[PDB]
Amino acid sequence: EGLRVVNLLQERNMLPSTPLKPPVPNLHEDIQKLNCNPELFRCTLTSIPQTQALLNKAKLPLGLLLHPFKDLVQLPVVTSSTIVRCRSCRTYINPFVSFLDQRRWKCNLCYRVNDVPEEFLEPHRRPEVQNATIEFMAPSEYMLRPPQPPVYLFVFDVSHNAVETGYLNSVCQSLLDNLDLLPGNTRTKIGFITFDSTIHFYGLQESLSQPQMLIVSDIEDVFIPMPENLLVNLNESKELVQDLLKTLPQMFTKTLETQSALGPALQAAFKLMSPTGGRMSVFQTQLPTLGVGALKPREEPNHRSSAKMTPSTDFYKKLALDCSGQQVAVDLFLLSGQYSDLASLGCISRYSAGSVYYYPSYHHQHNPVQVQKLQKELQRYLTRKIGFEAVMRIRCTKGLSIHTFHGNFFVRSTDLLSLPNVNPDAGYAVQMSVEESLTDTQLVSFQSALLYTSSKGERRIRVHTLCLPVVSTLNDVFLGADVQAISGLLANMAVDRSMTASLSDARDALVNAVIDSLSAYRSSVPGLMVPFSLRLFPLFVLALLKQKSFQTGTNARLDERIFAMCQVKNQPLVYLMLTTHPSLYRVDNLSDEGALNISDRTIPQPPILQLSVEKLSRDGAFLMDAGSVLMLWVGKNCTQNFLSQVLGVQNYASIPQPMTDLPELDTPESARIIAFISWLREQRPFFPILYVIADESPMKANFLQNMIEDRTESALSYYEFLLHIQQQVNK
Amino acid sequence: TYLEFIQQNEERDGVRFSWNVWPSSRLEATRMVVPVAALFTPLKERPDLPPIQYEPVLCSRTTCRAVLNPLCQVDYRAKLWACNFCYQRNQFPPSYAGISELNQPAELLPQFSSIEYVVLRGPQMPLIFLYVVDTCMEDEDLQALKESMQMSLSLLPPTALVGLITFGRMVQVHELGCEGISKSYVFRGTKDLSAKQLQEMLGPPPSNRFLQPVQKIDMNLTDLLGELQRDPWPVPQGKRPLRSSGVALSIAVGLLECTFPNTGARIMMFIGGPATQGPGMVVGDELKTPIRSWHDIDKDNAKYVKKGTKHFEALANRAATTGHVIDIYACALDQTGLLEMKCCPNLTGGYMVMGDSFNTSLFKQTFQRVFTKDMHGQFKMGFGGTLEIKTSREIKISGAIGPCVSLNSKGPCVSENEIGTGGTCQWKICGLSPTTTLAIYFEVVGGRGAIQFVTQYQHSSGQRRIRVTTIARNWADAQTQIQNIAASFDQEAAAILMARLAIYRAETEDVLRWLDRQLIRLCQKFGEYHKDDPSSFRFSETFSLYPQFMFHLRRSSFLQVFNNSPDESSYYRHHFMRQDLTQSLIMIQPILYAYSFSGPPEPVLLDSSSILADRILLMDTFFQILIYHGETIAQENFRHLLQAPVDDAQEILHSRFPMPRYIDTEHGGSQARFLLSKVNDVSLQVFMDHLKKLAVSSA
Amino acid sequence: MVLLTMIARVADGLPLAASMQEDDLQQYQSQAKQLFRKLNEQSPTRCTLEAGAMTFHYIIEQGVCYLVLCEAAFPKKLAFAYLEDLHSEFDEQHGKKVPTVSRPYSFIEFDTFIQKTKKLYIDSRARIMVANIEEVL
Ligand SMILES: O=C(O)CCCc1ccccc1
Ligand SMILES: [Zn+2]
Ligand SMILES: [Zn+2]
C-alpha cells in the first residue's frame with residue numbers, strides 16, 4: 001500500500017495510529033511463508049543491493065539485527081542422529097536450499113552441491129527444511145568438555161554506602177523466593193561473596209552449626225580459602241543457603257567500611273568460578289577506590305558543557321576477557337547514588353556476554369520506584385532461561401561479508417562469537433558490505449547458529465535462517481528499507497563513534513545519515529520528498545538525538561548516558577524503539593474499538609499519539625509506554641470520573657505523590673484501563689512498572705523528556721529538524 | 001653445719017652457690033676452678049611470707065638505687081639508713097616516720113632477706129591467652145586436643161582475653177562471637193607477615209575483635225573449639241599434609257605485638273607434626289624423605305634446619321622483646337621440629353611439652369597442670385619478669401644461663417668475660433613459675449660480699465610485684481684462704497652449674513675435653529694425694545660426689561646426642577636449663593629404689609650390681625618413671641611388694657610438671673633397655689682409675 | 001594422584017557420564033575418546049595404559065567402559081577399586097537404559113556420585129594388562 005512519495009513538510013502527522021509492522025521482503029509467496037520470524041532476525045534493507053556501489057549510493061547502512069535466544073511459543077527440536085551441514089561452509093540444511101536431484105541439494109550460502117544422506121528420508125518434507133527456526137541436539141564432537149553444570153555466584157558490595165541503600169535486603173528476598181525457580185537440575189551449584197575493603201567468602205557445610213565467613217585481606221594477592229564448600233550443591237544444601245540469605249542483610253548494619261575493593265573481589269570471584277564457568281552476578285553501589293582496578297572521581301557535566309565516554313582503565317576489559325576464556329559471564333548491577341565510572345565498569349559485562357543493570361540513586365526508603373523496578377527485573381533475571389558455554393556464528397551467502405559486530409560477547413577469531421552465557425533478553429547487530437557483486441544470485445541467505453549447554457546439561461544448537469532478494473535499482477533498495485532496523489543499526493554505529501571519536505561526530509553522522517540518504521533519493525527523482533518507507537526516518541533519528549544516549553544540552557549525568565549506550569548495544573530492536581520513541585496513548589476515555597476477541601476480555605485499542613505536548617490535554621490522562629516503564633500522566637483539569645473511578649481519589653490534589661500502581665476498583669473505567677495495561681505488559685517478558693506519579697508537581701515527570709517533537713532550550717523541534725534537513729538536501 | 005646452711009638458705013632465698021666463701025684476694029679469684037655461681041629461683045614458694053603492700057624503699061643514689069635489706073645499717077634515732085652497696089646514707093620516707101628500733105619494718109629482719117612487695121598504682125592489665133591450633137592430625141588426636149583446650153578455657157580468669165588461631169595449609173585468625181555467622185581472616189601459609197602488615201590487613205578494660213574477655217566470650221569459644229575440624233585440604237598419596245607452622249606462629253606473634261605489646265600474654269601453639277611449608281619448614285611434603293636425624297645433620301643432609309631455625313629464632317626475639325610467652329605442645333609419632341622451634345619457649349619462659357598423641361593421659365594431664373592454682377585460686381605463673389642484680393663493688397656478673405633475654409644494660413657490675421646471656425645487669429623473663437631456676441655466674445675483681453636479686457613481674461592476679469632477695473657470703477680469711485673456700489663447696493650446685501656451662505656450649509658449638517680438664521684441676525687443688533701415687537688420692541666429704549656427678553653427666557643424653565632424635569635432645573636440654581637443683585640432679589643421675597621381701601624400700605646404687613632377680617626396682621629419671629621386675633618376680637604379701645613401687649610412683653607422678661612417662665617392664669622385656677643404659681670412658685670404676693692417674697701426675 | 005573420569009558405551013564410544021576439574025585436559029580427553037573408539041567386543045575387559053607421567057585405567061562391564069586417568073604414581077590398586085564402585089552404582093541405577101540412549105551424556109547427573117566417590121580415593125586420610133597407550137592408539 002505504498003510505493004508513493006511523501007512530502008514530510010505537508011503531512012506532519014505521518015506516524016500511524018496502529019503499531020508499526022516489519023516490512024515483508026519482496027519474495028515469492030512460498031518462499032516468504034517459510035521465512036524467519038522478523039522478531040528473531042531482520043535486516044535494514046529487505047532488498048539487498050546487488051553491488052557495493054549501489055549500497056553506497058543509497059547512503060543507508062546494510063546490516064542484521066537478531067534476537068536469537070528469544071522465548072518462543074513453539075520450537076521444533078530435531079534429534080537427528082546426523083546433522084546435515086554443507087560440506088564446504090558448514091551451513092545447516094535450511095528451508096532455502098535448492099533440492100535438485102533430490103539426493104543432492106545446493107547450498108544457499110556457498111552454492112556447493114551436497115549429497116542427502118540415507119538418514120534424511122520426500123527429503124524436502126524433513127523438518128530441517130520446513131522451519132527457518134529449529135533446535136538441534138549437538139553430537140559428541142560439538143563440545144570441548146562434559147556439559148557444564150549451572151553455576152550461580154552472587155557478589156555483593158557491603159560497604160557503608162551499600163548498606164545505606166538497603167538493596168541487599170530485597171535481593172536476598174528475591175533469591176529466597178526464586179530459589180527453586182533458578183534454571184538447572186540436581187547439578188546446580190551456587191555461591192556467595194561479599195566485599196568491602198576485604199573479600200568475604202562463605203563456606204556452607206551441613207556438619208557446622210552456621211555458615212563460615214572466610215575473609216581474605218591480601219587485596220594484592222587473592223586466593224581461594226577453602227576447596228569444597230564455597231560453591232555448594234543447591235539441591236543438597238538448600239537449607240544452608242536459605243539461612244545465609246536470611247542472615248546476610250543483618251551482618252553489616254553497623255559498618256564503617258567506606259571503601260570498596262571491587263577489582264580484587266572480581267578476581268576472587270573469577271578464581272572461584274574458573275574451574276567450571278557460569279553466571280557471576282555482581283552488585284556494586286559506588287566508585288571502586290581500593291586496590292587494583294581503582295577508578296578516579298570525575299565531576300559531572302551540566303547543561304552548559306559542550307560535547308568534549310571511554311573507559312579510564314582496561315582492568316575490567318582484561319578481566320572480562322579472562323572470564324570469557326573460562327565460560328564465565330558477569331552481570332553488573334550498579335545501584336549507585338554518585339558517579340561510579342560505569343564507562344569502565346561496563347567492560348566487565350560487554351566483553352563477557354553479560355548485561356549491566358542500572359538503578360540510579362537506589363534507596364530502600366527514599367526511592368520506591370527503583371525498589372519495585374529492581375524487584376521485577378530480578379524476578380526476570382532469576383527465572384528466565386539460560387544457556388552456558390556458548391558460541392554463535394553468523395553466516396551469509398557468498399559475496400556478503402560481515403565486518404562489524406555489535407552486542408555483549410567476545411569476537412574470537414574471524415567471525416566466532418564467544419558467549420560465556422546466553423540470555424533470552426539479549427540483542428545483537430551486525431554490519432555488512434557487498435564484498436563480491438551479487439550478479440549471479442537473485443536471493444541471498446543469512447544463518448545464525450547458537451551452540452550452547454542447556455540448564456539441564458544438554459548441548460543444543462539453535463539455528464535461524466533468513467532469506468532475502470537481491471535488487472539492482474536505487475528505488476528498489478528504498479522500497480525495501482526498514483526504518484526501525486536502520487534506526488537500530490545507526491544507534492549501535494553511533495555508540496561506537498562516540499567511543500572512537502566524540503559525541504559530536506556521533507551526532508553528526510546520525511544527522512548525515514538522513515541528509516545523505518534523502519539527498520541521494522532526491523538526486524534520482526520543492527519540499528522534503530521521501531519514499532513511503534522512510535517517512536519516519538527523520539522522526540526516529542531526531543528521537544535518537546534527544547535520547548539520553550546522545551542528547552547534548554540536557555542535565556544528564558555520565559553513568560546515565562553510558563547505561564543508555566549499554567542498552568543500545570544489548571537490547572533487542574523492539575525495546576530500543578520503545579525506549580527511543582515511546583508509544584503514547586490517551587487512557588481517560590477508553591472504549592470498544594479494541595481487541596475484544598479475547599474470550600472474556602475486551603481490550604481497548606486507543607490510537608498511538610505522536611510525542612508532542614500539543615497532543616496532551618489538561619482535561620485528560622495520558623499513558624506513555626516506554627518499554628521498561630509505563631508512566632501515566634494526569635492532567636490538572638482532569639475529569640472527576642477518572643479521579644474517583646480509576647485513580648480512587650476525590651480530587652486532583654489528593655493523588656498520592658509517588659503512586660506505585662493503579663488500584664483495581666469496582667468500576668468499568670478501571671476494568672478498561674487495567675485491561676489495556678495488563679495487555680501491554682503481556683507483550684513482553686520484562687514486567688514494566690507503572691507509576692502515575694508523573695503529575696504536574698511530582699518533579700519526576702520527565703515524562704516530558706520523551707516529547708521528542710517539541711523544541712527545548714537546547715534542541716530543535718521536529719519541524720525545525722525537517723527544515724534543517726531540507727536546507728541540506730538541496731544545498 | 002654447712003649442710004644445714006645450704007638447706008636453709010635455699011629454702012629461704014631460693015639460691016644455691018658453688019662456693020659460699022668467696023676469694024678475698026685477686027690471686028685466688030683468678031685461680032678458681034669452678035666459678036662463683038648461683039642457682040637462683042626467683043619465685044620459690046615458702047611458709048606464707050607476708051606480702052608487703054607498700055613501695056619498697058630505695059637507695060637515693062642514681063647509679064645504685066638498691067632496695068632496703070637486712071644488711072643495711074640503720075639509725076632509729078636519726079631516722080637514717082646507710083646503703084650497704086654504695087655506703088650512701090638515706091632519709092626515711094614519710095610513711096616510715098613512726099619507725100622505731102622496737103618495731104621495725106619487715107625488710108630489715110633477717111628473716112625477710114627474700115621479700116615480696118606489691119605495687120598498686122596503674123590499672124591492672126588482663127591476662128591474654130592466644131591458642132594456635134594445628135588442624136593437620138588424625139581425628140582422635142584433634143578431638144582430644146579440642147577437649148583439652150575447652151577444659152583450660154573453663155579455668156581462665158573471667159578478665160583474661162582469649163584468641164583463637166587455627167592453621168593447616170592456610171592460617172585462620174578467628175574473630176570471636178560474631179552473631180550467627182562465625183568469621184575468621186584467612187592468610188596464605190606461604191609468606192611471612194610483619195606486625196605492621198598484619199595490623200593494616202586486620203584493622204574500661206581493653207579488648208579487640210580478636211581478643212575478648214573470657215566472661216563475655218567463653219560460650220562462643222567453647223562451641224567454636226567444639227566444631228573445629230581437620231584441615232579441609234586433601235593429602236595425596238605418599239605426601240605429608242601442608243602444615244604452615246612457621247607463618248601461623250609469626251601471625252600469632254605479630255597479632256599480639258600490634259594489639260597488646262609489653263604485657264603478660266601466652267601464645268600456646270599446639271603442633272601435630274612438622275612444618276612442611278613456608279618459612280620455618282622442617283621437612284618436605286614427600287613421605288619418601290624422613291625427617292632429619294642427628295646423623296643427617298652431622299653429614300650435612302638436612303637442608304631445612306638452619307633456615308628453619310633462623311626463622312623461629314627471629315620470632316623468639318620478637319616475642320621476647322615484646323614481653324610475650326610462647327608455649328609449644330607437640331604430639332605426633334614422627335618428629336615435630338622442636339630443634340628448629342626450641343628458641344621460642346627457651347628464650348621466653350615458654351613451656352615445651354612432647355608426647356606421642358594428644359589422646360593420651362600423658363598429654364591431657366600435663367596440659368592441665370599448666371593451670372594449677374595456689375591457695376587463692378590463681379595460676380602459678382608470672383609474666384614480663386625483669387631480673388636486676390646489684391653486686392658489691394668487688395663482684396661482677398659474667399652472665400646467665402636459663403630462660404631469659406638480656407636487656408643489654410651496662411653498669412660497673414657487668415663483667416668483660418661474658419657467659420651465656422651476658423654483658424648485662426638486667427634480664428627479661430617473659431614467663432616464670434615457682435620452679436624457674438636461672439644460673440648466674442659471678443666474678444671477683446671484716447668480710448661479706450653481697451648480691452641483691454630484684455625481680456619485677458606481673459602476677460596472675462594482675463598485680464605488679466617486686467621480689468627482693470639479698471644474700472651475703474663471707475669473704476675468705478687471708479690466713480686461711482683456700483681452706484675456708486674448700487669447706488664452703490656445694491658439690492651438687494657446682495655440678496649443675498658446670499653442667500649448665502657444658503650444655504650451653506654444646507647447644508651453641510670438644511666439650512667433654514673442657515669438662516675433664518676442670519675435673520682433673522679440681523682434683524689437684526682440693527684433693528689429697530702423694531705425687532705419682534694414684535692410690536693415695538682421696539676427696540673430702542665436701543668433694544667426694546663431684547666426680548660421680550661428672551661421670552653420669554658426660555655420658556648422659558644431654559651431651560651424647562646420638563641414639564636420640566634431635567627433638568628429644570632439645571626437649572631434654574630445655575627442661576634441664578630451667579629446673580632447680582634437686583630435679584637437675586635427678587636428670588643427670590637417676591634415683592633408684594629397690595623393693596624386696598628382705599626389708600622396706602631402700603635406695604641403691606646406679607650400678608649393674610643393683611639389678612637382682614628377686615627385687616623390684618624403681619628408677620626416677622626426671623623424664624620417666626620406670627618399674628623393673630627381676631627374672632624371679634616377673635611371675636597379700638606378694639601384693640604389697642608388687643604395688644609398693646606403684647604406690648610411690650603415683651605420688652611423684654603428679655607433682656612433676658611434665659608428667660614423666662611411666663613404664664612397667666621386667667627382665668627380658670624390651671623396655672628394660674632404659675634401666676640398663678642409665679645404670680653402671682667406660683664404667684665408673686675405670687673412670688675413677690684413669691682420673692686418679694692424672695690427678696696425681698702433672699698439673 | 002588427581003583425576004579425569006569417563007563412562008562411555010563401548011559399541012560407539014557414546015559418552016554417558018564424566019567429571020573433570022582443573023583449577024591440560026585437552027590432550028588426555030582426546031586420548032580418552034580415541035580409546036573409546038578403538039574398544040570393541042574383543043578388547044581386554046580390564047587394562048592399564050602408560051602415557052608418560054600419566055596412566056589410564058579402565059574396566060568394561062555390560063558394554064560400558066569405565067575409564068580413569070591419574071598421575072602414574074597413583075596406586076593402581078586404588079584406581080580399579082574406584083572404577084568398581086562406579087560400575088556397581090551405575091549398572092544398578094542406569095545399567096538397563098544404557099543400550100537405548102543416543103544423546104551424548106544422557107547421564108550427566110551421575111556427575112554427583114562420581115565426585116563424592118572420587119573424594120573417597122584422593123585423600124590418604126580417608127584411605128589386568130599393561131601397555132603403552134601410544135600403541136593401542
Ligand atoms: O565451527 C563451527 O561453526 C562449529 C562449532 C561452533 C558452532 C556450533 C553450532 C553452530 C554454529 C557454530
Ligand atoms: Zn555451503
Ligand atoms: Zn646505695
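Chain A is the first sequence line, chain B the second, and so forth, proteins listed ahead of strands; every chain is numbered from 1. Read the numbers this way: they start at 1 and go in the same order the structure lists the ligands and their atoms. Computation of the quantities below employed the complete heavy-atom set of this structure, encompassing side-chain atoms and omitting hydrogens, waters and symmetry-equivalent molecules.
At ligand 1, the drug present is 4-phenylbutyrate.
Other chains, heavy atom under 4.0 Å from 4-phenylbutyrate: A. For 4-phenylbutyrate, the heavy-atom contacts closer than 4.0 Å come from A:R85, A:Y92, A:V391, A:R393, A:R395, A:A449, A:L451, A:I461.
Regarding atom 10 (C) of 4-phenylbutyrate, its nearest protein heavy-atom neighbour is A:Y92 OH, 3.0 Å. The PDB lists the organism for chain A as Homo sapiens.
The distance criterion of under 3.5 Å between nitrogen or oxygen atoms is not met by A:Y142 with respect to 4-phenylbutyrate. Closest to atom 2 (C) of 4-phenylbutyrate, if we only count protein heavy atoms, is A:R393 NH2, 3.1 Å. Counting only heavy atoms of the protein, atom 11 (C) of 4-phenylbutyrate lies nearest to A:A449 CB, 3.4 Å. Ligand-side atoms of 4-phenylbutyrate in range of A:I461: 9 (C), 10 (C), range being under 4.0 angstrom from any heavy atom. If you number the atoms of 4-phenylbutyrate from 1 as listed, the ones under 4.0 Å from a heavy atom of A:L451 come out as 8 (C), 9 (C).
Looking only at protein heavy atoms, the nearest one to atom 4 (C) of 4-phenylbutyrate is A:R85 NH1, 4.0 Å. At the top of the distance list for atom 6 (C) of 4-phenylbutyrate, counting protein heavy atoms only, stands A:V391 CG2, 3.7 Å.
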Note every protein N or O atom lying under 3.5 Å from an N or O atom of 4-phenylbutyrate, pairing the names and giving the distance.
{"from": "4-phenylbutyrate", "atom 1": "1 (O)", "to": "A:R393", "atom 2": "NH2", "distance (Å)": "2.7"}
{"from": "4-phenylbutyrate", "atom 1": "3 (O)", "to": "A:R393", "atom 2": "NE", "distance (Å)": "3.3"}
{"from": "4-phenylbutyrate", "atom 1": "3 (O)", "to": "A:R393", "atom 2": "NH2", "distance (Å)": "3.0"}
{"from": "4-phenylbutyrate", "atom 1": "3 (O)", "to": "A:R395", "atom 2": "NH2", "distance (Å)": "3.3"}

